[PDB]
A.B. asks: 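Model contains samuraciclib. Questions to follow.
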Amino acid sequence: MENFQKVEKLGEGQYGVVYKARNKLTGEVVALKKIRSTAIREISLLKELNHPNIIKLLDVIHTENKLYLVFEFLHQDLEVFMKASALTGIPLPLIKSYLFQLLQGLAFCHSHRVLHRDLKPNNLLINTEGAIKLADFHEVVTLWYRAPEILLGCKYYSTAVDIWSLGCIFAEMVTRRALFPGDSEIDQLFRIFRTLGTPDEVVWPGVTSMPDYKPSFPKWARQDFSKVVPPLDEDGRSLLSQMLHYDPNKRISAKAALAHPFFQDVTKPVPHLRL
Ligand SMILES: CC(C)c1cnn2c(NCc3ccccc3)cc(NC[C@H]3CCNC[C@@H]3O)nc12
C-alpha cells in the first residue's frame, strides 16, 4: 500500500474491500481490491480476458496473506445512475445501448468459458463516453437478480444464469422498479413464481427433481406479461421473455440475443452523469 495513495472507499466487492487509489509513481487513478493457491493461477487467466465491455484488470499482487487486484477506475455504477435518473427514467436508446453492450461483454465471457455469476446494477460500471462494463466477477446479500436454478439448488451453474440476471436489470431500467425484490431465497423464488407462474415439468423438464424443489410449493398461474413491464414495446417484451425462460436450456444465449429485432435501431448515446 506504500505504492498507492488511498483516496476513497468505493465499497465491498465479492471477496474484499475496494479503494479508489493513486499509483505513487505513475499518477494513475485505479480501483484497488484487497482480498482478505489455485486462485493465484485462475485470476491470472482473468487478466487476459480483455474486451471493451469488461473491466480491465491491470495487476494481480499476492503478498502477506492478502491478494490485491488493481483494476481500471470507472466513474459511476449503474445502481447510482438509475437512482439519479428515477424521476424521468433512463431514455430508451440508452437502455438499449447498455443492454446491447452488456450482451457483447457476456457473449465474449461465455465464449471463453467465464461466467459472471453475480450480475447486479452495482457491479455494472459506466463512463461519460456511453460505455458500460461488467465488473466484480456486514453486507446483506442481494438475491433480486438470482436465476431460479441457483435458488433451487443447482450445483453446476451455466452461462444462462447471467442472461437471467441481465433480464432482471433490463426490466428494472425500463420500469424503474426491481422486477423480483425478494429478501430471502424462498421469498425470491415465490416472487418469481407469482410473476412467471410456478414452473412445472411442461415448461421446465427436470424442475421437480432439483435439490430444493418441494412438491408442496404453491401453484401460481403466470401473470400476463404486458402487465409486468408495461412501457416496453413488443420487441423488448419478446427479448425479455426469452431471457427469463425458466429452463436454462430454453433461455436465449448472449450471442443469439444480439441478433434480436429489439436491437435493429441500436445506437450509442451519451449519458448525463453528475460526478
Ligand atoms: C473494483 C473495480 C471493479 C471498480 C472500478 N470502478 N469502481 C467503482 N467506480 C464507481 C464509483 C466512483 C466513485 C465513487 C463511487 C463509485 C466503484 C466500485 N465499487 C466497489 C464495489 C461495489 C459493489 N459492486 C462491485 C464494486 O467493485 N468498484 C469499482
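Chain A is numbered as in the PDB entry; the shown residues are, in order, 1-36, 46-146, 161-298. First listed ligand is number 1; within each ligand, the first listed atom is number 1. Quick check of the header: X-ray crystallography, 1.5 Å. Below, each value reflects all heavy atoms present in this structure, side chains not excepted, and no hydrogens, waters or symmetry copies.
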A.B. asks: What does the PDB entry call the chain with the greatest number of heavy-atom pairs under 4.5 Å to samuraciclib?
C.D. replies: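 The chain with the most contacts is Cyclin-dependent kinase 2.
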A.B. asks: As an exercise, identify every atom of samuraciclib less than 4.0 angstrom from a heavy atom of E8.
C.D. replies: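 Samuraciclib atoms under the 4.0 Å threshold to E8: 14 (C).
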A.B. asks: Check each heavy atom of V18 against samuraciclib and say whether those closer than 4.0 Å belong to the side chain, the backbone, both or neither.
C.D. replies: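 It is the side chain that gets close, since no backbone atom is under 4.0 Å.
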A.B. asks: Under a 4.0 angstrom heavy-atom cut-off, which atoms of samuraciclib come close to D145?
C.D. replies: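 That gives atoms 25 (C) of samuraciclib.
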A.B. asks: Which Mg(2+)-contacting residues per UniProt in chain A have a heavy atom closer to samuraciclib than 4.0 Å?
C.D. replies: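 Short answer: the UniProt residues with a heavy atom that close are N132, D145.
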A.B. asks: Which UniProt domain of chain A lines most of the contact region for samuraciclib?
C.D. replies: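 That's UniProt domain Protein kinase.
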A.B. asks: For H84, take its heavy atoms, then give the atoms of samuraciclib lying under 4.0 Å from any of them.
C.D. replies: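 Selected atoms, number and element: 10 (C), 11 (C), 12 (C), 13 (C).
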A.B. asks: If you measure from each non-hydrogen atom of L10 to samuraciclib, which part falls under 4.0 Å: side chain, backbone, both or neither?
C.D. replies: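 For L10, the contact with samuraciclib is made by both the backbone and the side chain.
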A.B. asks: Decide whether the shortest distance between a heavy atom of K129 and an atom of samuraciclib is less than 4.0 Å.
C.D. replies: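 No heavy atom of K129 comes that close to samuraciclib.
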A.B. asks: Tell me the contacting part of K33 for samuraciclib: side chain, backbone, both, or neither, using a 4.0 Å heavy-atom threshold, strictly below.
C.D. replies: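 Neither; nothing of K33 gets under 4.0 Å from samuraciclib.
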A.B. asks: Please indicate which organism the PDB names for chain A.
C.D. replies: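 The PDB gives the source of chain A as Homo sapiens.
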A.B. asks: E12 heavy atoms, cut-off 4.0 Å: which samuraciclib atoms fall inside?
C.D. replies: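 Matching atoms, with element in brackets: 21 (C), 22 (C), 23 (C).
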A.B. asks: Which chain positions lie within 4.0 Å of samuraciclib by heavy-atom distance?
C.D. replies: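 Heavy-atom neighbours of samuraciclib: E8, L10, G11, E12, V18, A31, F80, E81, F82, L83, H84, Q85, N131, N132, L134, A144, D145.
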A.B. asks: Pairs under 3.5 Å, N/O atoms on samuraciclib and on the protein: can you put them in a table with the distances?
C.D. replies:
{"unit_1": "samuraciclib", "atom_1": "6 (N)", "unit_2": "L83", "atom_2": "N", "d": "3.2"}
{"unit_1": "samuraciclib", "atom_1": "9 (N)", "unit_2": "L83", "atom_2": "O", "d": "2.8"}
{"unit_1": "samuraciclib", "atom_1": "24 (N)", "unit_2": "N131", "atom_2": "O", "d": "2.9"}
{"unit_1": "samuraciclib", "atom_1": "24 (N)", "unit_2": "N131", "atom_2": "OD1", "d": "3.2"}

